[PDB]
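Drug on board: UK-453061.
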Amino acid sequence: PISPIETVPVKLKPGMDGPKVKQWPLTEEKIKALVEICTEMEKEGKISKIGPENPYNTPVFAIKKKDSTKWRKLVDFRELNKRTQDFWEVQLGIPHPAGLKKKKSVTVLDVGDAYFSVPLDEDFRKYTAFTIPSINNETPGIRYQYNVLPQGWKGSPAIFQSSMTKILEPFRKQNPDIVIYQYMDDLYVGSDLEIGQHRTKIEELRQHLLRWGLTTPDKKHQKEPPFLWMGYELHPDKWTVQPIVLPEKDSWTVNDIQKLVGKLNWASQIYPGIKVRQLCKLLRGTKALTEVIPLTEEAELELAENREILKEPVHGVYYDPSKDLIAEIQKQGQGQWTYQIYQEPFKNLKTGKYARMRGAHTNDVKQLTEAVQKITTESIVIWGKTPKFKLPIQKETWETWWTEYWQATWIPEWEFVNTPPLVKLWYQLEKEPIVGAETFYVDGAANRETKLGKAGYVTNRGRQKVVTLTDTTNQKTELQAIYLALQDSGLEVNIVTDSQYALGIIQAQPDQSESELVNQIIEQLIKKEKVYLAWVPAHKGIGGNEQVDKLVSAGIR
Amino acid sequence: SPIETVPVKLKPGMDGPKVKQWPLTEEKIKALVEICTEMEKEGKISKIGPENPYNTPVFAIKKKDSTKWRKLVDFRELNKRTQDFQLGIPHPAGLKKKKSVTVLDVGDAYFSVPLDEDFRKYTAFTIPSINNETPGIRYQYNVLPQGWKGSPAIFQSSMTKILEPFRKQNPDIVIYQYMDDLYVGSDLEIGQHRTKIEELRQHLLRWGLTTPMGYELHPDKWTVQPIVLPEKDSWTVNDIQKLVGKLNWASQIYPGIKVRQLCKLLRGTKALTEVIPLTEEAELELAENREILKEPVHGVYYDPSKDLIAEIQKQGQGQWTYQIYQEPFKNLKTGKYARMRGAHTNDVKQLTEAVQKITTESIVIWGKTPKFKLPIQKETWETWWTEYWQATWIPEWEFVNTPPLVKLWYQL
Ligand SMILES: CCc1nn(CCO)c(CC)c1Oc1cc(C#N)cc(C#N)c1
């Protein structure tokens with residue numbers, strides 16, 4: 001049918017007019033197919049013959065699908081699409097299974113010949129003009145135009161969507177306690193009614209839809225659980241990921257590892273513990289797709305650990321609006337975090353992992369906070385509420401960090417859970433100068449042209465040292481200088497630098513870095529017992545800084 | 001009750017806003033549905049089709065001394081693409097000088113004036129759904145919307161009529177309209193002041209807008225807090241070094257600053273804890289600088305063609321410092337914010353309070369909101385700001401990593 005729904009007024013972009021793309025001359029066979037296909041469509045009101053007036057045209061083509069000798073009509077709307085107004089956006093997200101509420105009875109109903117059952121604005125149909133050419137550019141071809149939403153036109157997905165929303169509204173009002181999910185041409189229905197009433201409510205729905213030009217499958221034609229939906233396997237009381245097969249292979253290509261990471265990231269939605277970090281590392285630099293990449297010892301271990309996890313089929317449970325959501329997080333390793341969300345201890349609605357920030361100098365407290373943030377956002381999206389957190393960090397550790405850090409931070413309601421490895425700060429800078437501790441005045445310089453540099457210090461105990469560095473930057477020398485002072489100092493040290501840069505990094509109590517150097521410094525800071533770090537402006541009559549600036553600057557402009 | 005609508009126009013070339021809707025909690029979605037289905041019945045808004053490709057974010061807040069959900073539309077994009085907002089509202093310089101200023105929400109007035117038919121499309125917004133089960137509920141405005149700078153610009157004519165009698169009766173009172181609010185300042189005793197506000201609400205009342213003892217500001221008692229120089233008997237190298245740095249920095253703001261005498265003390269590679277007696281000379285320079293720091297800052301002037309910028313630093317102990325300028329260091333205003341009894345455990349809560357306060361002061365002083373540099377993670381701010389937000393407006397903001405020194409320079 002063709003829905004009796006009011007049409008959506010459509011228009012072309014401001015300073016633009018309809019398409020006028022000439023018809024390619026087509027084969028005798030292809031022309032025959034188009035004629036019959038179009039005759040059928042015309043008989044169903046999907047299209048209509050037009051006069052010679054209409055100056056618009058869009059190319060038409062015909063292709064036959066294999067294992068069958070049945071032709072299909074392809075319209076190239078690339079041009080009309082560039083000229084068609086922008087629309088809304090169908091949806092901002094796809095439902096996640098974990099967010100599906102528990103309902104005793106669920107039915108899937110798909111809207112049949114979807115796009116073709118919806119009318120197109122009459123004032124816009126003129127722009128959908130296409131031409132079946134005559135055997136060898138004889139005379140005018142048979143010219144048609146759409147009356148319904150054309151397959152492959154820009155506004156079809158959105159217009160269909162709206163039409164369905166308008167159609168479902170009255171039924172929604174009269175049945176507030178029934179859930180309907182709109183997805184493309186599909187329609188999922190859930191209720192907490194015992195079959196009997198439910199099949200009745202379904203039937204009533206279909207009748208409401210049919211009364212509006214939309215065909216659906218009848219009972220015996222409806223799909224039955226499991227439902228293979230967008231990568232998922234849906235059962236009435238549990239869900240999981242579509243069967244994942246990890247290819248047993250000798251020699252892996254970039255393409256193979258890429259697909260592997262894909263499946264793994266995908267499986268991470270319900271299978272806890274999946275680690276992908278070591279595989280991603282192999283994908284660095286890549287330069288090719290067919291090039292084989294030898295697996296590191298670490299990747300082989302990671303892959304093996306993943307297989308173990310995937311050997312045992314895991315399932316997710318559905319959402320109960322009456323119960324609280326609980327999210328638990330654990331540290332898997334270097335910048336690796338996993339989490340799980342449940343309502344009833346250990347009956348997971350969903351799983352996930354976190355591994356951001358490319359080592360821009362961070363610590364476990366910052367990372368944990370980031371993971372909490374990410375989980376909080378998805379919870380709001382999926383369930384409309386934030387979960388209660390279970391974190392492997394002491395309230396004391398948390399308060400100490402937050403109160404003293406420069407950035408505002410805030411975790412929703414959480415509870416400590418003794419699940420090692422626990423999160424902690426590995427070292428802490430002193431708040432005031434250490435009495436009876438050697439004072440190192442450090443500094444570093446680097447020539448912009450030659451990239452050559454010097455790093456060193458001078459103490460109050462009269463010590464001195466200056467190292468030469470090659471292929472360096474000002475930043476690197478400043479960090480080198482601090483590293484030097486930490487190496488030659490021992491348990492208690494006062495260090496005075498002129499680098500806001502280094503002060504900034506160290507003050508944030510990092511425990512991980514992409515910089516081999518910063519790691520040296522961290523490793524060294526952990527060994528100390530007491531460390532005080534101060535800053536002074538450079539190029540000033542400031543005793544100490546004024547002097548290291550000499551030996552470090554000499555020979556390096 | 002339509003009238004002759006004021007034809008609105010986007011900037012040439014500029015196109016309508018297409019800002020994504022951020023996920024909302026079920027609680028807030030429920031509240032917005034209830035509110036919107038009521039505004040629809042009143043004809044203030046109406047459903048729209050997919051042929052409307054525009055979108056503006058929507059949230060739900062609660063003002064202070066208010067336990068009833070309110071709709072807050074974030075028109076920041078549309079506002080930037082509008083102006084028009086052409087015939088602006090002049091900012092009185094007397095406002096910042098009043099003994100007291102009262103803020104009154106007059107947003108309910110805007111729903112009387114119909115919005116230009118050809119502009120409505122640009123006011124589109126979405127009420128999202130949980131787990132994206134349902135497609136969003138889409139609407140647009142038929143009347144002047146709250147939050148859009150175009151509304152007060154258009155409503156000026158009617159606002160001046162409403163306030164004419166009250167103005168002639170109290171020609172010494174200053175009335176400034178900014179977005180959905182009215183700023184009312186007088187030099188009167190607090191008792192008369194409050195009485196005059198009450199009278200003003202009656203005038204507004206006669207025009208259908210119930211304008212509820214609102215927040216009371218005292219711009220007179222606003223004094224730019226200095227940079228602060230210590231006061232100790234004995235000083236260490238560390239303290240002088242900390243002082244040299246601080247002044248070295250401030251010298252970039254106030255030209256009159258000197259540091260040569262103090263720096264003279266810092267010579268040789270001494271231990272940080274060593275005590276150092278200050279020369280009588282350094283004493284003067286020091287005292288002389290403190291005097292300079294007491295007074296404003298010679299040379300900085302508000303430029304109405306340039307944007308206002310505000311930086312905030314977390315000082316700890318519920319304390320926050322901030323600076324307002326158009327060009328770095330050229331501070332037009334500096335201040336402080338201490339957590340009010342309650343937020344004793346929330347950084348985001350305090351920061352949102354501090355932002356609203358600073359924004360309010362900006363409106364009073366310049367009649368403009370500053371662009372904020374927030375010491376927080378975007379996603380965190382994005383996730384929580386609405387939880388404690390109570391203003392009808394929303395300033396522009398960006399996220400930054402506070403330079404550790406800056407905190408000290410302004411530390412108190
Ligand atoms: C109300 C819709 C619904 N709820 N539940 C939870 C049952 O307790 C399930 C699992 C079977 C549903 O079915 C879908 C089937 C398909 C398919 N095909 C897709 C979605 C979605 N979203 C949902």
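Letters A, B, ... mirror the listed sequences (proteins, then strands); counts begin at 1. According to its header, this structure was worked out by X-ray crystallography, 2.8 Å. What you see below is based on every heavy atom in this structure, not just the backbone, and it leaves out hydrogens, waters and symmetry mates. One-based numbering, in listed order, for ligands and for the atoms of each.
What binds UK-453061 (ligand 1) most in this entry is, by the naming of the PDB entry, HIV-1 reverse transcriptase. Going by heavy atoms, the other chains that come closer than 4.0 Å to UK-453061 (ligand 1) are A. In this structure, residues within 4.0 Å of UK-453061 (ligand 1) (heavy atoms) are A:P95, A:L100, A:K101, A:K102, A:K103, A:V106, A:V108, A:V179, A:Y181, A:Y188, A:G190, A:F227, A:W229, A:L234, A:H235, A:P236, A:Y318. As recorded in the PDB, the organism behind chain A is Human immunodeficiency virus 1.
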